[PDB]
Amino acid sequence: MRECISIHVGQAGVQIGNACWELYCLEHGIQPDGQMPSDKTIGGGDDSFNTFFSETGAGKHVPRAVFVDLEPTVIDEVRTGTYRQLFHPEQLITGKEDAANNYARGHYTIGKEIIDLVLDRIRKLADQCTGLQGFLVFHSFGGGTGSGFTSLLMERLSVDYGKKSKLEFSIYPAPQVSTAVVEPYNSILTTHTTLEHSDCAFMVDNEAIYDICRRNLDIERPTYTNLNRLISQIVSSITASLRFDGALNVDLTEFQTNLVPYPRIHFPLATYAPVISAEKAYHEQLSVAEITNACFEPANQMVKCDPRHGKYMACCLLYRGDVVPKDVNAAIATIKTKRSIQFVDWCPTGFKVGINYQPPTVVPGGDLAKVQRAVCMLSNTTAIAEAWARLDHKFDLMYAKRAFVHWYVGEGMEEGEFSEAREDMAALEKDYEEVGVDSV
Amino acid sequence: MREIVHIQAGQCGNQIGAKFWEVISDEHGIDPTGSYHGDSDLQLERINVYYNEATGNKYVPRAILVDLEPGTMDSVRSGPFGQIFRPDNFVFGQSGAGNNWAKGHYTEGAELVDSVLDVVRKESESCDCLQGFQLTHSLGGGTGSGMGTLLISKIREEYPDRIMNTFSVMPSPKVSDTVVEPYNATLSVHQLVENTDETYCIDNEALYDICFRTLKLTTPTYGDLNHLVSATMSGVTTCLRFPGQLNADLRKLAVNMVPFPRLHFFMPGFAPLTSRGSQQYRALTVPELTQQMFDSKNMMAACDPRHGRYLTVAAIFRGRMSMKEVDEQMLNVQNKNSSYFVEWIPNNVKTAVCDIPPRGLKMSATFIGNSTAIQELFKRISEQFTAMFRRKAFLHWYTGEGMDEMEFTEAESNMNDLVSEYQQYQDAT
Amino acid sequence: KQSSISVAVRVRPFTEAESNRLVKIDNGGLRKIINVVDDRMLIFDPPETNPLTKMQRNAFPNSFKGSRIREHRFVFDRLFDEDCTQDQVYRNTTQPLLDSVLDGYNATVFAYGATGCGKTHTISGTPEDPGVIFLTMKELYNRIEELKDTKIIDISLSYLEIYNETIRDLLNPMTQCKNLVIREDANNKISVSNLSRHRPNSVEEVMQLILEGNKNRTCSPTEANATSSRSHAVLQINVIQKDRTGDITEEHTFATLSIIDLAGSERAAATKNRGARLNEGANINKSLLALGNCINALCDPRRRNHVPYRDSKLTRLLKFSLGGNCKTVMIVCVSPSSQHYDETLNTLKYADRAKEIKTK
Ligand SMILES: CC(=O)O[C@H]1C(=O)[C@@]2(C)[C@H]([C@H](OC(=O)c3ccccc3)[C@]3(O)C[C@H](OC(=O)[C@H](O)[C@@H](NC(=O)c4ccccc4)c4ccccc4)C(C)=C1C3(C)C)[C@]1(OC(C)=O)CO[C@@H]1C[C@@H]2O
Ligand SMILES: Nc1nc2c(ncn2[C@@H]2O[C@H](COP(=O)(O)OP(=O)(O)OP(=O)(O)O)[C@@H](O)[C@H]2O)c(=O)[nH]1
Ligand SMILES: Nc1ncnc2c1ncn2[C@@H]1O[C@H](COP(=O)(O)OP(=O)(O)NP(=O)(O)O)[C@@H](O)[C@H]1O
Ligand SMILES: Nc1nc2c(ncn2[C@@H]2O[C@H](COP(=O)(O)OP(=O)(O)O)[C@@H](O)[C@H]2O)c(=O)[nH]1
Ligand SMILES: [Mg+2]
Ligand SMILES: [Mg+2]
């Protein structure tokens, strides 16, 4: 089987998980109460849902999820809302205050009070899995919980499992928009766990998705629900190969083999090209060539970075719906003809291609329209380093005067660590400057 | 689960607390008798934050009333909501402080502090998890200021790792109902700077100005000012009690607002404030709340933020709204008024959002600023304090209660050091 | 220019039980992360591994798996390498202070270091190899004896400790912490109140007093060591002096020598016990941060407008014992074993914050 375990840390991760599990339940026909009516209607036994659900004897489906937060508010919302009966009752809350936006409180003092329960539940979920593929971790760099508890949890997972894949779907701080003063400290202190433990980290900033919603979907007042729905579409496109048949299936291991050239260069950028409103679903052909070209536009990137200021080291395209390989070949040839999309000289091939026959499913009340075709592009490029550099500058502006440092050192953290993580980030940036240089 | 123990000290603190409990009972649907007659489940989801359950389906607020004279206790008991409080929590003496800090801190308050702390311990040990404490009082007075500082110090000794807010009513330069306001205010600021995490400075002059200008009230009374302070207090702790897109407790605000351990004097404000016959002439949207919040006239502390620089800001919104609008508005405020924000903090504005607006309003927001202009208040107190201390105008009333002039000198030096520290982050660099 | 605050860093020598246990790999393990190049220049975590080329080629743009660089260049006002003994350490570090204390100005010594660093050896030592304190006070009593004529000198010893931002008199226990309050006299003297001031007549009496004070220090078990200390111990020697046969009058001149043994920084180390341990560690870390900020502000000419003395009791107590008038020296003791690797780096970083000498 092809099981994948999803972990949702913090408010951002939990709400992204709400969107993700809404999309999965609608994709597989599972009702919010866990009962799939196709078994009573058709008979069942000819469906593929083990990647995200487990069957009981009664016919109920339990998702393979671990909702964890250090406060009860968001998990209580999940436990009271529509999907109260879907998830297993074991959704972990610390019966205390949350991390309050600092890495130290969520890593050293409060995070170590519920770590054992989380690891025990993950052990129980992994024991039920016969063919476990990897982990999908959702959190936010800027949050206290999403940084500290994520670091602790990934340390424990690397110690225990090690060989299993771990994918990071994180929310990175934006260049200008922010919702906390101490975002740079939390994001910089998360460099170690997202560099040394994670195998492939997907980063997204709200500013880019806000711009996409404003321009593509024609929504002038978007909220976090739309952002979570887009991220859910991305994760669904990533994991579609494990769930449905296709002309060219691409699982997680093949994806990592094709996209990650060196062990440290594992921070690709994600893109969903054919995001359009129902009104603009007409007046557009949305053939494979147009969508593939739309993937490469710097405006459609979900991180505020310009790929034109860097070299595409690798790319993986994952198509869904009515797509033929020859159309994808023509699109890739058209892309390779272009001069503004520059590739490193040591990757002549460049493109990994996967195709799936299951088109995306539209959530009722959502923003995205019903489309015959879709594609998700995941590109390892050197431009992402710029998105880090801005953040580093912010960190310096706060660390010269040691602002807010007393809060961190008062929760079991040494002052020197602040420098060490920064140095690590700097080292990572240097690597992204050294891979892109042309060979002698 | 994030229980707050509320303490009221003095006449001003008791009145503000009575209005605050009226407002919170209205918010959660609690009647004066104590029974719940609401219409939404969410109101009961986090009733435990402020209330304790009681056998006959009752909700007794977790309030502790303190005073050194019984008149205000009788007034609160006879009030519309007086029956909701626990009779055992009414702690009071018989001889007042005489509007003297020494009586309330050393002689008369030291006798009642033991009983108050016994009730405080009894309330605290009933909490599943205690977020912290929440004191309301006025520094310009007698029993309120002295008892508040003494209880702050002793509770900090007993509960060093718990949040300690304080809604202290500063003395105004113009409005002055007492002659010895500077001594009490100085001796209280000397204690608050050492033993608190957040101190929401409030001034009667600013509340009166808000009532006269913003609300266009003809004859404002202490009820209206207490109403404003109640709206502020309810807005601060809104994310503890209701769900939202971005939650923010008291500790999160303490972490974000405070750059250095001594700069924890905040300037509060409430966003939607308009006359009775002028709501129909304005659309209630996020830009309107944003531009009213950062407006100088809306501050409740009698300071001009344009005379200093915002070290940090917090905006706690309530209502259904788009996060893009809030983020864009905060970013626009930061960029347009970049002179009034310190350069060595890339983002001075924290944002939190709640999904449940206050009854009646479609939207609302609460502003908690932290800016250098607050130092002006302390300077004004010094401008009076020295003027009364070189000649020792009313000193014998204080030294007759066991106090020494060394305490006055230490308090003055500490406040001057605080003013200098706030001034250090005003010059561009 | 001069920059009265000075940093001297001492490298501990390997113990016999260390070398044989660790040096096997060279012929845990003996990497010897610390390497002294010059009296103001050292290397932390150098590329001294002989079989390094085979992967140093990969460190270049060939294979990005070990491109991280931990080689740290550190510059300090004074250094003491493995073969340094105690006598010249005393000469270089605390001997000049004895002039200033007798000149009229105060003097201050800090002693910082992590666990297993040799701080106790440096400040106290052994009966056969006396530490810096014994040598300093013996020389002070000697210089009193030479200057006995034409000038009368009195010595007052006090010894307190700071713990959870509360003061405790080590030489007079069962005293409420609320009684020990820090003040500020009009003549720029701190003089914390209700301290049992002793008038020892010899260095042996001073050492006896130090021993009884250390007997009352606050320690706790269940850590990396079962006696690692949880508080900042401050020993103050007030040297009062006046002219014997000259201008015989009530006026006199007095100075203070402060010696501060600092508790090392804390990382909790997953102390499941936690409890007070967390509060103790948080207070220690906050006090260390406040002291570092004060020292950095003093060394920085731009931020001299305001120094955050009020942030902690330790900083407040030494308000007039760190500035330009007072001479400050800081003994940072570090161990060369990799077993304490990260800890040593943290200690070295705390030594670097005093003066950021980027121009090596
Ligand atoms: C017809 C209509 O729109 O009625 C409004 C109203 O006219 C206005 C002017 C209200 C009104 O407020 C005042 O006139 C006022 C007077 C003195 C001091 C402070 C306010 C109102 O009284 C206030 C009252 O507010 C509430 O109900 C909130 O829930 C408030 N609670 C209370 O005022 C309260 C009521 C009963 C018992 C205890 C408290 C609240 C605010 C923040 C946090 C929690 C609760 C409302 C809807 C109105 C009236 C009734 C006229 C305003 O109220 C607030 C505090 O937001 C003042 O400007 C706003 C905007 C409103 O438009
Ligand atoms: N895209 C997206 N981002 C979110 C969402 N919710 C919160 N965030 C981001 O999360 C950041 C704040 O950190 P949080 O993750 O909410 O903090 P936390 O994980 O709850 O941990 P605590 O600070 O202890 O509460 C903000 O900058 C938001 O941009 C969401 O629903 N969608
Ligand atoms: N300069 C030195 N010459 C010889 N031996 C030394 C020297 N410095 C330290 N040692 C020895 O190294 C060991 C560790 O030093 P020591 O002074 O005991 O640290 P410690 O105080 O026991 N650890 P801690 O209590 O956490 O500070 C002891 O056996 C010392 O005798
Ligand atoms: N907001 C408000 N302020 C008050 C009230 N009563 C007094 N004050 C202010 O508090 C000061 C007097 O303090 P007081 O309450 O008498 O102190 P106490 O006598 O020790 O309890 C005056 O300067 C007033 O400005 C009140 O009911 N509401
Ligand atoms: Mg949270
Ligand atoms: Mg020892």
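In the text below, chain A, chain B and the rest are named by the order of the sequence lines, each starting its count at 1. Just follow the structure's listing: the first ligand is 1, and inside any ligand the first atom is 1.
Of the chains near ligand 1, the one making the most contacts is recorded in the PDB entry as Tubulin beta-2B chain. Lab note: drug at ligand 1 identified as Taxol. Chains with a heavy atom under 4.0 Å from Taxol (ligand 1): B. Using a 4.0 Å heavy-atom cut-off, the binding site of Taxol (ligand 1) is formed by B/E22, B/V23, B/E27, B/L215, B/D224, B/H227, B/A231, B/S234, B/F270, B/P272, B/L273, B/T274, B/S275, B/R276, B/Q279, B/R318, B/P358, B/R359, B/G360, B/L361.
With respect to atom 47 (C) of Taxol (ligand 1), the closest heavy atom belonging to the protein is B/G360 CA, 3.8 Å. Nearest protein neighbour of atom 17 (C) of Taxol (ligand 1), counting heavy atoms only, is B/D224 CB, 3.8 Å. Distance check for atom 28 (C) of Taxol (ligand 1): a protein heavy atom is found below 4.0 Å.
Scanning all protein heavy atoms for the shortest distance to atom 32 (C) of Taxol (ligand 1) gives B/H227 NE2, 3.3 Å. Checked by distance only, Taxol (ligand 1) and B/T274 come closer than 3.5 Å through their nitrogen or oxygen atoms. The PDB entry names the source organism for chain B as Sus scrofa. B/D26 OD2, 4.1 Å is the protein heavy atom nearest to atom 36 (C) of Taxol (ligand 1).
Within the 4.0 Å cut-off (strictly below), a protein heavy atom is located near atom 2 (C) of Taxol (ligand 1). In terms of polar-atom proximity, B/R359 is counted as a contact of Taxol (ligand 1), with an N or O under 3.5 Å from an N or O of the ligand. The nearest protein heavy atom to atom 5 (C) of Taxol (ligand 1) is not closer than 4.0 Å. Nearest protein neighbour of atom 16 (C) of Taxol (ligand 1), counting heavy atoms only, is B/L215 CD1, 4.2 Å. Near B/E27, meaning under 4.0 Å from any of its heavy atoms, are these atoms of Taxol (ligand 1): 43 (C), 44 (C).
Backbone and side-chain nitrogen or oxygen atoms of B/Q279 are examined, and one is located within less than 3.5 angstrom of a nitrogen or oxygen of Taxol (ligand 1). What sits closest to atom 37 (C) of Taxol (ligand 1) on the protein, heavy atoms only, is B/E22 OE2, 3.3 Å. Atom 51 (C) of Taxol (ligand 1) lies below 4.0 Å from at least one non-hydrogen atom of the protein. Residue B/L361 has at least one heavy-atom neighbour below 4.0 Å for each of these atoms of Taxol (ligand 1): 56 (O), 60 (C), 61 (C).
Proximity to B/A231 (heavy-atom distance under 4.0 Å) selects the following atoms of Taxol (ligand 1): 42 (C).
From the protein, the heavy atom lying nearest to atom 59 (C) of Taxol (ligand 1) is B/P272 O, 3.5 Å.
Within the listing of Taxol (ligand 1), atoms 42 (C), 54 (C), 55 (C), 56 (O) sit less than 4.0 angstrom from a heavy atom of B/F270. With respect to atom 14 (O) of Taxol (ligand 1), the closest heavy atom belonging to the protein is B/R276 NE, 4.0 Å.
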